[PDB]
2 protein chains.
Amino acid sequence: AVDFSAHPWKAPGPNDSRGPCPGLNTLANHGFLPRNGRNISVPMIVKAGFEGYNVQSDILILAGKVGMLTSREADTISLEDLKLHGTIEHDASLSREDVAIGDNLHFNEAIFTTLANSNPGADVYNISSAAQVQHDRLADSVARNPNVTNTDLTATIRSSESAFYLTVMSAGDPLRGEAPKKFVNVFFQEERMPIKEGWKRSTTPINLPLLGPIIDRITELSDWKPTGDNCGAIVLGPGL
Amino acid sequence: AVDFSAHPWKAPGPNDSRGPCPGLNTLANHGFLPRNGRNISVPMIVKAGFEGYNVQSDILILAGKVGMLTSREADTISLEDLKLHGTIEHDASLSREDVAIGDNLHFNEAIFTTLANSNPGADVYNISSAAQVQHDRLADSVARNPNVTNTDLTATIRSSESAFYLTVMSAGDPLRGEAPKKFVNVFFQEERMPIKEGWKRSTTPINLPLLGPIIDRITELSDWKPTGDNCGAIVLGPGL
Ligand code: HEM
Ligand code: HEM
Ligand SMILES: C[C@]12C=CC(=O)C=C1CC[C@@H]1[C@@H]2C(=O)C[C@@]2(C)[C@H]1CC[C@]2(O)/C(O)=C\O
Ligand SMILES: C[C@]12C=CC(=O)C=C1CC[C@@H]1[C@@H]2C(=O)C[C@@]2(C)[C@H]1CC[C@]2(O)/C(O)=C\O
Ligand SMILES: *[C@@H]1O[C@H](CO)[C@@H](O)[C@H](O)[C@H]1NC(C)=O
Ligand SMILES: *[C@@H]1O[C@H](CO)[C@@H](O)[C@H](O)[C@H]1NC(C)=O
Ligand SMILES: *[C@@H]1O[C@H](CO)[C@@H](O)[C@H](O)[C@H]1NC(C)=O
Ligand SMILES: *[C@@H]1O[C@H](CO)[C@@H](O)[C@H](O)[C@H]1NC(C)=O
Ligand SMILES: *[C@@H]1O[C@H](CO)[C@@H](O)[C@H](O)[C@H]1NC(C)=O
Ligand SMILES: *[C@@H]1O[C@H](CO)[C@@H](O)[C@H](O)[C@H]1NC(C)=O
Ligand SMILES: [Mg+2]
Ligand SMILES: [Mg+2]
C-alpha cells in the first residue's frame, strides 16, 4: 500500500541537491526521499525505491552501498555526490554529457535526443531500441571524448540503467521490457512520475532475477566491445 | 568519557564473529565494538576506532564504507564478512594465509613468524622492518600461490595496514613510525590491547595526514614492482 497523493511532484528549489540519476532524483521530487536531496542512507533508498517503483532491496543495497563511497560522510550521501566520475557515474550516459567534455550532472536535451528519437513508428521504447541507443551513445563518446572509459563494468551499469527505465516506467508487466515513450520522456525530462499521463507503480516486484535477462539482452543487441585496458576498477572515495 | 577499565579483554566465544583485521577484532574483544562482532555500522567503527586507538574518521569512513560492500545488509557487516577476497582482503597478509592456498581469516603463527623475527637487534618494529616484511611476504605469495594477486591497490592497502600496527600500538608519538614488539605481538597474537604491558591509547590523532608519509615510505623501502595484471578492481559485493 502506497498513497501517491501524499507524494506530489514539486520542482526542486535552489538549495535542493540533485544528481545524475533520474531514478533517485524523481523519488526526491516526490518526497519518497528528502526533497532537499541530502543525508540519504541506503535504508532510505531501499524504502523509497520499494514505495515509489516496487524495486526490491537486492539491487538497491548493492548499488546503494557503492553509491555511499562518493561522499565524505559515514553512511549518507547528497544526491549530487553521485556525480563522482568512475564510481558509478560513467561516460556514454543517456541524458548527461561525458565529464571530460561537458556536464556529467544535469539533464541535457541534446544528449537525450538519441533516446527520444529511438524506436521510430512505435509508442514504446523496448529492448532493441534501448540497445541501439547504447550503441549510438558509446559511438558518440568514442568519437568526441579522447578520455572515454568503456569497460565490462561500465557497459553492465549502462544496460542496468536502460533496464531500469524500461521496467520502472512500464505500463504492463515489467517483464516485457517495454515502456511508453510518454512515460519515459517525463521521467527523464522532468524527473517526475507520469501519474497524470496514466503511469502506476508496478504491481510486479522489480529485482535482479527480473532485470538480469533484460540487461544481458540489451548488451547482446548493442554490438559492444571494450575500450583500452578494460579495467573495471571503481573510484573508492572523493578526492584521492 | 572513555573508561578503558570498563572495557576488559574477553576471548571470543565460538559464535562471536571475528574477521581478518586485528584492529577491528581487538576493538570487539574489548567491547568498543559489539563482542558478538555483528550488526556493525560505519558510525560504530568510527566511534570505536576513535575511543580505542585515537584513529580519526577520515580513514575509518573511507575504509569502513568499502568494508560495508562485503555483506548483504543495507548498512552493517559482521566482522567475518570482511574476509571476502578481493574487496579489502588480499594475498601476502602479515598474519593470515592466502585464500587460494589456505585460511585467509584466522591468525596463523607460522605466517606471523616473518613479522615476529623482523628488525633483529631492536625492541621495536619500524618503517624499514615493516617494508622488509612486506617484501618477504609478497615473495612468499609469488613463490607458493598460483592465484596470487599483487596490484598497486593491494600494495598500498598492505602499507596502510603496516602503518596501522606501527602507529596504533606505539609507545611514543605515532609520528615516529615505530612500535614496541611486545605491544604489536600481543595485538596480533591475542587481539588484545596490551594494557598490563604498558600500552596507552595515543594522545596524538592518527589520521590520513599522519599515515600518508609513513605508508609511502614503507612502500618505497619495500622494493615493490608490478608483477602482472595491476588493475585495482575491487569486488563490489558477495556472491557475484
Ligand atoms: C531506484 C531505482 C533506480 C532507477 C529507476 C534508476 C535509473 C537510472 C537511470 C535510467 C540512469 C541513467 C541516466 C543516464 O544515462 O542519463 C541512472 C543513472 C545513475 N544512477 Fe540510477 N536508478 C536507480 C537507483 C540508483 C541507485 C540506488 C543509485 C545509487 C548510487 C543510482 C545511481 C546512479 C548514478 C550514479 C547514475 C549515473 C550514471 C551515468 O549515467 O553516468 N541509481 N539511474
Ligand atoms: C576502518 C575500518 C577497518 C576495516 C574495514 C578494516 C578491514 C581490514 C581487512 C579486510 C583486513 C584484511 C586484509 C588482509 O590482510 O588480507 C585488514 C587487515 C588489517 N587491519 Fe584492518 N580494517 C579497519 C581498521 C583497522 C584499524 C583501526 C587498524 C588498527 C590496528 C587495522 C589494522 C589492520 C592490520 C594490522 C591488518 C593486517 C593483518 C594482516 O596482514 O595479517 N585495521 N583490515
Ligand atoms: C548499474 C547499477 C544499478 C543501477 C544504477 O543506477 C547504479 C548501479 C551501480 C552498481 C551496479 C548496479 C547493478 O545493476 C548491478 C551491478 C552492475 C552493479 C556493479 C556490478 C553489478 O553488481 C553486477 O555485476 C551485476 O548486475
Ligand atoms: C587502504 C585503504 C584503507 C583501507 C581499505 O580497506 C581501503 C583503502 C583504499 C584506499 C587507501 C586506504 C588508506 O588507508 C589510505 C590510502 C593508502 C588509500 C589509497 C592511498 C592512501 O590514501 C594513502 O594514504 C597513501 O598513498
Ligand atoms: C549530512 O550531510 C552533511 C553534508 O551535506 C554533513 O555535513 C553531515 O555531517 C551529514 N549528516 C549525517 C552524519 O548524516
Ligand atoms: C585525457 O588523457 C590525456 C592523456 O592521454 C591527459 O593528458 C588528459 O589530462 C586527460 N584529460 C582528462 C580530462 O582526463
Ligand atoms: C521494438 O519495437 C520495434 C517497433 O515496434 C520492433 O520492430 C522490435 O522488434 C521491438 N523489439 C523488441 C525486443 O520487442
Ligand atoms: C541491529 O541493529 C539495529 C540498529 O541498532 C537494531 O534496530 C536491530 O534490532 C539489530 N538487530 C539485531 C539482530 O540485533
Ligand atoms: C629501524 O631499526 C633498525 C634497528 O634499530 C635501524 O637500523 C633502522 O635504521 C631503523 N629504521 C628506521 C626507519 O627508523
Ligand atoms: C588458479 O591457478 C590455477 C593454476 O594456474 C588455475 O588452474 C585456476 O583456474 C586458478 N584459479 C583462479 C582463482 O583463477
Ligand atoms: Mg555519465
Ligand atoms: Mg589476506
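Numbers restart at 1 for each chain; the letters A, B, ... are given by sequence-line order, proteins then strands. Both counts, for ligands and for their atoms, begin at 1 and track the order of listing. Scope of the values below: all heavy atoms of this structure, side chains included, with no hydrogens, waters or symmetry mates.
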Practice item. List the drug name given for ligand 4. Key: prednisone
Review point. Quick check: main partner chain of prednisone (ligand 4), as named in the PDB entry?
Key: Unspecific peroxygenase
Exercise for review: Define the binding site of prednisone (ligand 4) with a non-hydrogen cut-off of 4.0 Å.
Suggested key: A/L236, B/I59, B/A63, B/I88, B/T156, B/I157, B/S160, B/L208, B/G212, B/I215, B/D216
Review point. Which of the atoms of prednisone (ligand 4) are close to B/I59, meaning less than 4.0 Å from one of its heavy atoms?
Key: 14 (O)
Exercise for review: Looking only at protein heavy atoms, identify the closest one to atom 3 (C) of prednisone (ligand 4) and say how far it is in Å.
Suggested key: B/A63 CB, 3.9 Å
Review point. What protein heavy atom is closest to atom 13 (C) of prednisone (ligand 4), reported as residue, atom name and distance in Å?
Key: B/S160 OG, 3.7 Å
Review point. Which of the atoms in prednisone (ligand 4), numbered in the order shown and given with their element, are less than 4.0 Å from a heavy-atom of B/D216?
Key: 25 (C), 26 (O)
Practice item. Could you tell me which atoms of prednisone (ligand 4), counted from 1 in the order shown, lie closer than 4.0 angstrom to a heavy atom of B/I215? Key: 24 (O), 25 (C)
Practice item. Please identify which atoms of prednisone (ligand 4) are closer than 4.0 Å to at least one heavy atom of B/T156. Key: 17 (C), 19 (C), 20 (C)
Exercise for review: Indicate whether atom 25 (C) of prednisone (ligand 4) is within a distance of less than 4.0 angstrom of some protein heavy atom.
Suggested key: yes
Exercise for review: Establish whether atom 22 (O) of prednisone (ligand 4) and some protein heavy atom are separated by less than 4.0 angstrom.
Suggested key: no
Review point. For atom 9 (C) of prednisone (ligand 4), which protein heavy atom lies nearest, and how many Å away is it?
Key: A/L236 CD1, 3.9 Å
**Study point:** Subset of prednisone (ligand 4) atoms that lie under 4.0 Å from at least one heavy atom of B/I157
**Key:** 1 (C)
